[PDB]
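Contents of the following structure include cyclosporin A.
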Amino acid sequence: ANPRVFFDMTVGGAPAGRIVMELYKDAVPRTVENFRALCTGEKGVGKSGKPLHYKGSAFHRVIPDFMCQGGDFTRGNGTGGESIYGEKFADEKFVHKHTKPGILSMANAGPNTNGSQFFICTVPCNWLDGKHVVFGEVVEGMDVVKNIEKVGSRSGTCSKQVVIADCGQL
Amino acid sequence: XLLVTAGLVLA
């Protein structure tokens, strides 16, 4: 089966609901395995000395009519993050494109720099195709996504903090 | 522009 993982989100400390994501283990298993493990925290601590775990991390960059970005559990601002394999890992395959809201894809700093940061598209983003590895999609709680999207701004700054209060695997 | 980078956010 393709794994399903979840985030229980808060916005300004207030519960916002659950996002459930299906991960395309069938297509991009190495990328999926990283994300799945970062939802459970099972692999221990990274090079940063922080837990390899999304729990407690935030969506630090949210841009309406584009995407929600999170996963920087080491610096909280887009300058950190790391994978269960080490700081960075290769782009596995570009077999899926950024075709619809709810697509889940890896943020990076150029080719072969995947860590832990990810984004959820809120529009089709074809200009990202070939540059970011798509590895899953939101299957429930897209409303929670759209509610987070509204707290964002053009600068990416959020009006209230958007936190993955809890996370794990179903 | 509209990118998703991790440390130097560009146009």
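Chain letters run A, B, ... following the sequence lines, proteins first, then strands; residues in each count from 1. Method reported for this entry: X-ray crystallography, 1.2 Å. Modified residues are written as their parent or as X; their further atoms are not counted.
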Problem set entry | Chains or ligands belonging to cyclosporin A | chain B
Exercise. Name in the PDB entry of the chain with the most heavy-atom contacts to cyclosporin A?
Worked result: Peptidyl-prolyl cis-trans isomerase
Exercise. Which other-chain residues or nucleotides lie under 4.5 Å from cyclosporin A, by heavy-atom distance only?
Worked result: A:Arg61, A:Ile63, A:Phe66, A:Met67, A:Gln69, A:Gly78, A:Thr79, A:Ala107, A:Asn108, A:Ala109, A:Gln117, A:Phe119, A:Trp127, A:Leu128, A:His132
Exercise. Which residues of cyclosporin A have heavy atoms nearer than 4.5 Å to chain A?
Worked result: B:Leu2, B:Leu3, B:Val4, B:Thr5, B:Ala6, B:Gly7, B:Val9
